[PDB]
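Note that chain A is numbered according to the PDB entry, with residues 833-1132 shown in order. Every number for a ligand or one of its atoms is a count from 1 in the order of the listing. So this one's X-ray crystallography, 1.4 Å, going by the header. These numbers come from the heavy atoms of this one structure, side chains and all, not from hydrogens, waters or symmetry mates.
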Amino acid sequence: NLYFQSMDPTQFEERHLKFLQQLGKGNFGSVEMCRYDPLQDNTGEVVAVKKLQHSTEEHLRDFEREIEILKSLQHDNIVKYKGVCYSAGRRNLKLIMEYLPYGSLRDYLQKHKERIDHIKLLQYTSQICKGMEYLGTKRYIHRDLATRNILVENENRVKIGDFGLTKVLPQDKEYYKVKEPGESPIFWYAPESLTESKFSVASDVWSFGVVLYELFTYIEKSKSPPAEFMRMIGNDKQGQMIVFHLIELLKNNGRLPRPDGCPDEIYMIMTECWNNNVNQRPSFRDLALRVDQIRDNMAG
Ligand SMILES: C[C@H](Nc1cc(-c2cnn(C)c2)cc(Nc2cnccn2)n1)c1ccc(F)cc1
């Protein structure tokens, strides 16, 4: 009560944060490109600014937690936190980050195939794994690992880009049980997340297996995880029937197919991530080493 937590409300003053572009509407969030020009000279750093879409009390509280999570992370493959802008005369909150100029990995794969080959896909795979190793050291569970939530800095570097669903493990448990779910990315969820709302490092590994699938499908039309799972379950199914069939399919070893052109060894990594036995999934450290060994064992 007596002394409120630190903040730094002068680092990004709203009057000096200049709009450049709308980047996208995620899920209950909106991201802008802005320039922070404290000298009012038309210069300054370009930044990304994440804002809420629906400013309810619950969302503002969750957003503060998300900001604290991102501020606690410093790693080459995690988007860089810069600060907060307490706009509307210090009656609102906006998250300030570095700006990564190629956008989401999902869109980059679809729009920039001219500059993507398997070597790059393996580099991105390795980088995502390393970002996730780092999250695990903080006991953070991402819960939404998907190419749409990874950002592309340049042809040689990706970073995990959004943390809107990330949770902190309890001190005494190796999973977080989510007890008020919002919208759920079911086609990236491990079976125990679908059936028990349990999220862990191991369920992030399951989702990483879906990310790896995404990379090698080159986000081809009809090849996305939702499209392929719906083809397998039945395209006409709606509502909860989708979830019932997805669970039954996964529990009995139904899986996304090997993408066209995907090496057998890379599909093997996918299938090992997609183990119904949580403890038998590889760690992110195992995966980073294996991927980097594959890369390093190539000629040259
Ligand atoms: C919604 C936002 N969309 C978006 C689009 C583009 C873009 C499009 N086209 N081009 C040439 C660039 C750039 C950025 N950059 C950012 C965003 N947040 C922080 C740092 N950088 N974000 C986003 C996407 C994925 C993700 F994981 C986090 C945010």
Enquirer: Report the drug at ligand 1; options are evocalcet, dexamethasone, motesanib, mirabegron, ilginatinib.
Expert: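 The compound there is ilginatinib.
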Enquirer: Which chain is the largest contributor of contacts with ilginatinib here, and what is it called in the PDB entry?
Expert: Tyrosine-protein kinase JAK2
Enquirer: Okay, what organism does the entry have down for chain A?
Expert: Homo sapiens
Enquirer: Looking at ilginatinib, is there an atom of it that comes within less than 4.0 Å of some heavy atom belonging to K857?
Expert: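 Distance cut 4.0 Å: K857 fails for ilginatinib.
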Enquirer: Which protein heavy atom lies closest to atom 6 (C) of ilginatinib, and at what distance to 0.1 Å?
Expert: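 I find the closest protein heavy atom is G935 CA, 3.3 Å.
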Enquirer: Which of these, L927, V879, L932, has its nearest heavy atom closest to atom 21 (N) of ilginatinib?
Expert: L932
Enquirer: For atom 18 (N) of ilginatinib, is the nearest protein heavy atom closer than 4.0 Å?
Expert: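 Given the 4.0 Å limit, the answer for atom 18 (N) of ilginatinib is yes, a protein heavy atom qualifies.
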Enquirer: For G858 and ilginatinib, answer yes if some heavy atom of the residue is under 4.0 Å from a ligand atom, otherwise no.
Expert: no
Enquirer: Taking heavy atoms and a distance under 4.0 Å, where does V863 meet ilginatinib: side chain, backbone, both or neither?
Expert: side chain
Enquirer: How does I982 reach ilginatinib, by side chain, by backbone, by both or by neither, if only non-hydrogen atoms under 4.0 Å count?
Expert: backbone
Enquirer: Checking contacts here: is it the side chain or the backbone of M865 that comes within 4.0 Å of ilginatinib, counting heavy atoms only? Could be both or neither.
Expert: neither
Enquirer: For atom 20 (C) of ilginatinib, which of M929, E930, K882 has the closest heavy atom?
Expert: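 Result: the heavy atom closest to atom 20 (C) of ilginatinib is in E930.
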Enquirer: Could you help me figure out which residues touch ilginatinib at a heavy-atom cut-off of 4.0 Å?
Expert: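 Heavy-atom contacts: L855, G856, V863, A880, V911, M929, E930, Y931, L932, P933, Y934, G935, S936, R980, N981, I982, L983, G993, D994.
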